[PDB]
Colleague: 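Today's structure: one with baloxavir.
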Amino acid sequence: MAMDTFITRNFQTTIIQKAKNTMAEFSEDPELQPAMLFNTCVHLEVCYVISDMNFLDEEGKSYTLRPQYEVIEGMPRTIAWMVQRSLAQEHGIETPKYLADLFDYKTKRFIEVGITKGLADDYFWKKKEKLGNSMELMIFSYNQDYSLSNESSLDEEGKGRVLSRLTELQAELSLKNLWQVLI
Ligand SMILES: O=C1c2c(O)c(=O)ccn2N([C@@H]2c3ccccc3SCc3c2ccc(F)c3F)[C@@H]2COCCN12
Ligand SMILES: [Cl-]
Ligand SMILES: [Cl-]
Ligand SMILES: [Mn+2]
Ligand SMILES: [Mn+2]
């Protein structure tokens, strides 16, 4: 099985289209770069999972009514920048200098999501070298490890559902001799 075929079988059409659109903005070609398309699909999928299972009520109380998180990843950078900058103004906070992956309506922070094949901690601190504390960080590995800058933001159950998806994907890729494509 080829990577492109795996992608089309394991990811929703919306995610695939967005990740390709994004690679195009950077003029990376999805057909020449199937590992990048895979990685971008996973990252965007994780973002969507996080936003899909956190809601808030009229007062501001959590629940596993309105979405807790706005996904900024997956839009064209020009729109994404207008959206980041406008959310930040409308909540009276600093606009980060990097483009974020999510906005948390509860804590009023921008979130950077990271996916890694190494250890979650190594990728946490690397991200923090650039971002300082402009954003919260949510780092997931394919080795069942995580590294949140705020443990409450995401529930212990939810971290585990993202970790299991990743574990699912690594398993199938390995079964199909495609994991080596990513390493
Ligand atoms: O927003 C991201 C980004 C992240 O948010 C991230 O967590 C990791 C990596 N990123 N990068 C993603 C990306 C995202 C997920 C997995 C791998 C890659 S690999 C580089 C690349 C990305 C997107 C399109 C493209 F053509 C690329 F070459 C670029 C880094 O420059 C800001 C935009 N961006
Ligand atoms: Cl950026
Ligand atoms: Cl940089
Ligand atoms: Mn991003
Ligand atoms: Mn990210």
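Residues take their numbers from the sequence shown, with the count starting at 1. Start at 1 and go down the list; that is how both ligands and their atoms are numbered.
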Colleague: So, baloxavir - where exactly in the structure, counting duplicates?
Modeller: ligand 1
Colleague: Could you tell me the main partner of baloxavir here, using whatever name the PDB entry has for it?
Modeller: Polymerase acidic protein
Colleague: Heavy atoms only: which of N39, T116, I139 lies closest to atom 16 (C) of baloxavir?
Modeller: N39
Colleague: For baloxavir, indicate whether the residue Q33 contacts it via side chain, backbone, both or neither (heavy-atom separation under 4.0 Å).
Modeller: neither
Colleague: Protein heavy atom under 4.0 angstrom of atom 11 (N) of baloxavir, is there one?
Modeller: no
Colleague: Consider baloxavir: state whether an atom of it lies below 4.0 angstrom from any non-hydrogen atom of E73.
Modeller: yes
Colleague: For atom 1 (O) of baloxavir, is the nearest protein heavy atom under 4.0 Å away?
Modeller: yes
Colleague: Who's the nearest protein heavy-atom neighbour of atom 6 (C) of baloxavir, and how far?
Modeller: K127 NZ, 3.2 Å
Colleague: Select one of side chain, backbone, both or neither to describe which atoms of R77 lie under 4.0 Å from any atom of baloxavir, heavy atoms only.
Modeller: side chain
Colleague: Which other ligands and ions fall below a cut-off of 4.0 Å from baloxavir?
Modeller: ligand 4 (manganese (II) ion), ligand 5 (manganese (II) ion)
Colleague: Strictly under 4.0 Å, does any heavy atom of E25 approach an atom of baloxavir?
Modeller: no
Colleague: So which of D29, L137, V42, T40 gets nearest to atom 13 (C) of baloxavir, if we judge by its closest heavy atom?
Modeller: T40
Colleague: Please determine whether any non-hydrogen atom of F38 lies less than 4.0 Å from an atom of baloxavir.
Modeller: no
Colleague: Considering only heavy atoms, does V113 approach baloxavir within less than 4.0 Å through its side chain, its backbone, both, or neither?
Modeller: backbone
Colleague: Taking the minimum heavy-atom distance to atom 27 (C) of baloxavir, which of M36, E112, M23 ranks first?
Modeller: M36
Colleague: What would you say the binding site of baloxavir is, if we count heavy atoms under 4.0 Å?
Modeller: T22, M23, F26, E28, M36, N39, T40, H43, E73, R77, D101, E112, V113, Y123, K127
